[PDB]
Novice: 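This structure shows dexamethasone in complex with Glucocorticoid receptor.
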Amino acid sequence: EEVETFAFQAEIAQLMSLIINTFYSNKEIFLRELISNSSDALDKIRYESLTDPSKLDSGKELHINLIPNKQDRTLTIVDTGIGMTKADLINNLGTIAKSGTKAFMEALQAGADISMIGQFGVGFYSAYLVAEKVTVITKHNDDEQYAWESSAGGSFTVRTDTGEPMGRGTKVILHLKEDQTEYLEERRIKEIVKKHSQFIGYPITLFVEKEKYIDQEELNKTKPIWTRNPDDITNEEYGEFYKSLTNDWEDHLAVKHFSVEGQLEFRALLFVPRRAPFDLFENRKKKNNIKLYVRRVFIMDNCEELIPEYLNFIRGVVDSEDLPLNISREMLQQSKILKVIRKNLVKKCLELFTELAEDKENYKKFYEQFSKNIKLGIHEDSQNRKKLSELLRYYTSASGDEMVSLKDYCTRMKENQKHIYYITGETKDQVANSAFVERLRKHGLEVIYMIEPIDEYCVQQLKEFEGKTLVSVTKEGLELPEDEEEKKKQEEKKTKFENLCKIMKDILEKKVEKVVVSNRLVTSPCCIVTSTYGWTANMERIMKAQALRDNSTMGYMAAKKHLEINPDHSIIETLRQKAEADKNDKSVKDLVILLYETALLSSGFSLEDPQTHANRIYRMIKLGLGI
Amino acid sequence: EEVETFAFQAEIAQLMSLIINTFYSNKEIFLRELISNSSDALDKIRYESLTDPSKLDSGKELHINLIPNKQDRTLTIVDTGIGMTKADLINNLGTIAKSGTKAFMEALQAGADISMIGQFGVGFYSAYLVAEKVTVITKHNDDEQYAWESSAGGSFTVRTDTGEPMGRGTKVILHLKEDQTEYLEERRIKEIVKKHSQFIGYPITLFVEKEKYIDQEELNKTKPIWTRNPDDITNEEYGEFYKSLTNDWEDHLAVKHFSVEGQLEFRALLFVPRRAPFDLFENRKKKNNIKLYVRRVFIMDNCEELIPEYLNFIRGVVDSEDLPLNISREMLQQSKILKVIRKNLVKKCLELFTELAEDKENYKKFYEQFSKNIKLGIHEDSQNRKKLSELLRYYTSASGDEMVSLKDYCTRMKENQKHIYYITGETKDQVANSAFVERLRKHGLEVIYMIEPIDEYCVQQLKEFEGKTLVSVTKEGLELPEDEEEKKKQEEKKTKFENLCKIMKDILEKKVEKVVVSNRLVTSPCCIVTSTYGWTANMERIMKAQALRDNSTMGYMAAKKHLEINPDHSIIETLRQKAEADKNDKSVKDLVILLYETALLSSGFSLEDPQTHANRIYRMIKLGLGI
Amino acid sequence: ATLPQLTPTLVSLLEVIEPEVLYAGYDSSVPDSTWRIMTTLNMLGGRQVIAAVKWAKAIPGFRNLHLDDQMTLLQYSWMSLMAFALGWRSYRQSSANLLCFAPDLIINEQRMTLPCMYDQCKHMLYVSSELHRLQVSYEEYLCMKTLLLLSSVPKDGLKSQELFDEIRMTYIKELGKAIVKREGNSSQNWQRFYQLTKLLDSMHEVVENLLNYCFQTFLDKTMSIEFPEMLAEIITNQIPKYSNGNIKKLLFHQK
Amino acid sequence: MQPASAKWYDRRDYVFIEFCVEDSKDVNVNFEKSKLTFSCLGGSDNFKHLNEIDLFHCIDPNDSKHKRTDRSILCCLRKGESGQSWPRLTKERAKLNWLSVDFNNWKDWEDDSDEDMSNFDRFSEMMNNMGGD
Ligand SMILES: Nc1ncnc2c1ncn2[C@@H]1O[C@H](COP(=O)(O)OP(=O)(O)OP(=O)(O)O)[C@@H](O)[C@H]1O
Ligand SMILES: Nc1ncnc2c1ncn2[C@@H]1O[C@H](COP(=O)(O)OP(=O)(O)OP(=O)(O)O)[C@@H](O)[C@H]1O
Ligand SMILES: C[C@@H]1C[C@H]2[C@@H]3CCC4=CC(=O)C=C[C@]4(C)[C@@]3(F)[C@@H](O)C[C@]2(C)[C@@]1(O)C(=O)CO
Ligand SMILES: [Mg+2]
Ligand SMILES: [Mg+2]
């Protein structure tokens, strides 16, 4: 056979068009591209000066200037960086995918501490997103000053410059399109720089005509500090960084600074604010506050993948030297990366909270603002429930006004306790004075008060703590450590009241699953408890009010109500006597219903048709008044 | 002066590497791209055959075949389209960003009805995301069969083929990398084709060896129908399309098919399902079941930009001939476009709902499943709030079991009604039998019953309907269409009960704002209403249960309670007499508290410390029983 | 205002839905007889199945299946579901040697003398023993029970087949969650998966044997074994489908 | 001479290094228990390349191989100890300017977390693995 061999070619005209029209979605990024090129130019000269100081004889100040001109629609960017020789000017701005920066880095001897941005070779051309024409003036230490010019028409020109000498450096002039003039506004420039390029090692100064004189404002006043060794940073320094980062006035509450080494590497700063913002979980569109940077240029922010929602109050920065960025440099090619970053960020946040917890006063401040986030995390994060649970604090029947940990509870358990007891409800007082704890209190058993709606979702996922199960005192089957004599007496009581249990069930019909004799009450005649599984009275009332709910399921899902009788109450005993004397006594029937409704309310259930209930009360009043 | 002129260059090696390593985030798209190329090839031959039928003498079938081979670890795509001449293999595959498809289109006389997919000239090289060598065999009607081969090493070769003739067509053979063998699986291929290319106009057949024959299965069996004139599509045709698209076992409830012409053009199909999906609200990852296609190729889905959340039950397709896409063809440039599309989709959805509402019982079916979505839309969408309000249906005190519109309510209003009366609450009966509507019923006034938690949000935006304001019957003061004689009687009653009111106020210090004489009760003794601002009893009940809520505002929006007295109630008259006779009579203090607490149960409030209430009752019981 | 949501897990919803234990209503003064016992159980079984229907209808996503498919799935698997309910009750009160059909109807080896209980109980006991061996949790139990409902389909497919499979996947994931929360090495979570999965597949065998027996007592009117009408109808309708191989058994593990 | 640029990644059993020399000539790869040496002439200018890599952890040179294509030279090294973590390729921690991670083929393979178990394809693999328990 005969086989012909060809080299690959490219069509320059279409290539230029694609760069301009299909690579970038946000026109303003052209400014960060030009700034990034400038910081590289400055690093190159700085690097060379390390071994040959004469390199800076042409000028020692390394900085970036931005000079808009509304009188002639241009924007000029000025560097004092290394510049380009005629040959470099032609090869690098002249060639679509040539990167001088990349070549430089490859040429460098390891371990030079240099990190530059610019491996693609395409980016200068983003200037044409807003510019009609671009003019570049350059002076290199080894050559004459030259001017490059192009409208991206497939050609460009080079001539020897005749203007003022720059000493060393570059000047890039964008001749702007008439319909892209907001870029000449002081406000707009500041917004762009602040968002994308504020963490640049060289100062950036904006030159603005005002009434005349030209003002000179440095924009990048805050240094990245996450690049410093953590042990050399004081709290005051972290605080100032934090404030300028978050536009707070208040200081930070807590901070971690750490790094991850390995095939995938990064550094990060995580801050806990002193007050929860006021929009958590309501904003809905804004999800986390962790910004991701590569070789300190901003890449992305509102990324759901970096942090689980329960940690959406952490403010912070993640910075990596090497990530697989997209051609636009606005995203990553490998989403699998985010998963790893997330595993590590979560792990460290939990360490911070654990450490914070050792400072009792600061922990109290923290918990008061973010306890909902912890509880949410327990509900959703199955991996860390074990650790999150140790951060919980609750009021208990024995804590007065302090909130205590589950471990603290455990240290006070009696030898015969096998369970951790708790009650859920609407308020601290409704639960504290509840009938459901009358015996537990009598016996000196401590009960945990859980009074936030979120507690219903949280406790459901806890089940056990350090081997002790959790027991709701509003459920059937509550067991207390008990004496033999008492157990025998309870059996006798169950037997003698069997007849009311039957009669009352017959009267109540479907209003109750069963009627039993109580072992948890002391002074209240009765109460209503729910079945072991599933919903309790509080879960039920909560589910009924979530608004965006399936109404068709509420016809199946309801708490199963059991009525318990206090065998030693005087109402119950006279009731037993009457009920046995006449099973159809109207008086009995009315009393049973009244007790049921009363118990139902005190037990936390909404009362269906409260008007009927009220009418019974009104009749009692009328009787008392002789009406 | 002397100015040199230069042309732009490449750096083919770097360009090739960017295309392969930086442009595409996924890999599955290599199939997407190769199929799209075949589609263009097929359209080109089809088009030419329209004026010269001899062009199909070489073959009449226009189709695409996919043939994985696990022994060779290759994947072959076979086309029957126009093919390439030696010159084209070299110019089109050997030149980056050259596009034959684009040139073809430019050379056509408008308005030829051909619309091809392809402009950029780089998609072919996505083949190297999974290959290894790529071999292309072509046969064009005007030339010999040739084989092109490359491994993207900077060069490629061309030789005259010697193997089996194809007649007419293109064969692309991808050798696969050792770890890319997942793309040879039947399952994986089907998933990819369905996701991206199910609406390609030519049939695609997958050839898979099975126990000892090749199973030939067509994948793209369903035609896009949105391209057809709406008047030519029967409901049955929409039905089958719909089921194929959604996998429902039943037809859509309603469909709207429309198009938009202008500087932005598109066609779309929007379907309303017969059943709300379970997890409609609850699935937080999938929202907005509207897919966006460009020139019948899938671009994106699950985008928050296309339609409001409250219309997320609508299934559908938007297909646009000329949107400006990103180089990856995964996202749209100029995202502001999506706002226009959104504006149009919403108004057309509302148009459809209105049409359904105008004359069908099917509207009841619709409403039964999606009334929540309408109400939510009222809460969030202010621009369409008026339209949305007419889609609401409610039970009223005069509708029996029918739900009626606000227009129907208006139709039946008395000549003296300047207001639309409504009540909110927990259940239909709890509301219907409420004390708050006793007098309104006496006068024959209709009251709207709102019993879903979502309603409490809806009513905060609806202030009036057709100029008639909405008034809650549980608020501080009602205007009733009373007679003049009735008005003076009300004044007489206020006067005689003034002393009682001040006495009760002192007894109830900080439990009420004031005690006043009622103009809304008939048979019930007192009840509790709330101040004009802020929350109603039902709103408070709901807000307390939202879990992810800021508790600090509970003492702010709580609103205040007012107790209203029925001056003609026998309890109240007895009370007035006693209270005036002795202000400090203990039995008065006790009666007043009991009435207060009872009033809170009839009105929608929880009691604080309900145990106290229960104890008051237990004492009444004990007295009745002689204990 | 805004409306942020927080939802319960499927497992907790299943905990709510799960029906109560029914009493047999057996008069304990009545002497043992093989047919008296079986009749009592059949009448109980009737009540349990009725409840099972109500139960299934409440399962999230089930309701959106074509109604005909819902009925089909219930009939095809009703025996599997009952075997699990029995398993659970015996395991939880184990007593490895007793079957807990109902409170009151607790059957020991000396009561389990019916020729079928002297034979077929080996399978009923097997299920209890396996739940015991693996120390199955309640949440795992509920997840598995739900999957049994979805284990048998017509060989010709369901009218709403795509949805059926989506639902099946949902419950599969829930199982896994119930396993994972037990903590331990990831390989242990996979072993446990594997083992529970094997247990589910093994119930097809259990059911097959029990049904063969059932059909025989159902049809053989020689014995005084009565059935509630509902079961009799179900049994009648399933015998000819069963016998023709028209029912496809789904397995997690092929072998 | 200059080093060729290269990318790397790994898996439980193997370490992969790709030397990015297009149109290579005279490729010589020396696999030693603790060291990898690459030598290549190549590209349009016949530039001489040399890469001496002192490895992080030992390999089995008798189960190591390479394949030259027109686009690149891929070397596959067998880890001396299966499951060994390789946070870096080399023994020393100095960054080498010419070496980077091949993120497109990077995988967090040392991750056996309880992701959704099914994931039917992942699942099936795991059931086949548990089938060997
Ligand atoms: N202000 C400058 N001073 C000196 N050299 C410059 C300047 N701007 C650009 N260059 C040269 O032009 C080349 C091309 O830069 P360009 O911004 O187009 O690509 P890049 O930075 O290499 O790629 P990327 O798109 O990844 O940023 C650089 O590699 C550099 O050699
Ligand atoms: N199967 C084929 N049959 C005939 N010609 C083909 C085939 N595949 C590719 N070509 C030719 O090669 C050219 C390059 O195609 P490629 O897919 O790289 O780019 P494109 O489709 O033009 O661009 P895009 O990235 O926008 O899809 C086409 O314009 C076409 O002329
Ligand atoms: C061996 C079979 C299997 C039995 C059943 C197994 C499952 C089951 C569990 C219960 O908790 C109550 C009843 C049932 C549903 C059942 F116990 C009875 O119905 C009788 C039954 C069909 C059977 O005993 C007969 O065939 C009797 O004719
Ligand atoms: Mg650059
Ligand atoms: Mg193409």
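Chain IDs: alphabetical, in sequence-line order. For chain A, we keep the numbers from the PDB entry: what you see runs 15-225, 283-698, in order. Throughout, chain B uses the PDB entry numbering, with the displayed residues spanning 15-225, 283-698 in order. We're sticking with the PDB entry numbering for chain C, so the shown stretch reads 523-777, in order. Quick note: numbers on chain D are straight from the PDB entry, i.e. 1-133, in order. Indexing begins at 1, ligand by ligand and atom by atom, following the structure's order. Heavy-atom basis, side chains included; hydrogens, waters and symmetry copies ignored.
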Novice: Locate dexamethasone in the structure and include all copies.
Specialist: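 The answer, copies included, is ligand 3.
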Novice: Find the other chains whose heavy atoms come closer than 4.0 Å to dexamethasone.
Specialist: C
Novice: Considering only heavy atoms, which of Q570(C), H645(C), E748(C) lies nearest to atom 10 (C) of dexamethasone?
Specialist: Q570(C)
Novice: Look up the UniProt domain of chain C holding most residues in contact with dexamethasone.
Specialist: NR LBD
Novice: Establish whether atom 17 (F) of dexamethasone and some protein heavy atom are separated by less than 4.0 angstrom.
Specialist: yes
Novice: Is it the side chain (CB and beyond), the backbone, both or neither of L563(C) that lies under 4.0 Å from dexamethasone, heavy atoms counted?
Specialist: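 The answer is both.
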Novice: According to the entry, what organism does chain C come from?
Specialist: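 The PDB entry says Homo sapiens.
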Novice: When you measure from atom 20 (C) of dexamethasone to every protein heavy atom, which one gives the shortest distance, and what is it?
Specialist: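 The closest heavy atom on the protein side is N564(C) OD1, 3.2 Å.
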Novice: If we count only non-hydrogen protein atoms and require a distance under 4.0 Å, does atom 23 (C) of dexamethasone qualify as touching the protein?
Specialist: no
Novice: Got the closest protein heavy atom to atom 3 (C) of dexamethasone, with its distance?
Specialist: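 Atom 3 (C) of dexamethasone sits closest to the protein heavy atom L732(C) CD2, 4.3 Å.
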Novice: For atom 11 (O) of dexamethasone, which of the options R611(C), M604(C), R569(C), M565(C) provides the nearest non-hydrogen atom?
Specialist: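 The option holding the nearest heavy atom is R611(C).
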Novice: Can a protein heavy atom be found under 4.0 Å away from atom 13 (C) of dexamethasone?
Specialist: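 So atom 13 (C) of dexamethasone has protein heavy-atom neighbours under 4.0 Å.
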Novice: Relative to the heavy atoms of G567(C), which atoms of dexamethasone are at a distance of less than 4.0 Å?
Specialist: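 In order of number, 13 (C), 15 (C).
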Novice: What are the neighbouring residues of dexamethasone within 4.0 Å, counting only heavy atoms?
Specialist: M560(C), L563(C), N564(C), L566(C), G567(C), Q570(C), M604(C), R611(C), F623(C), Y735(C), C736(C), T739(C), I747(C)
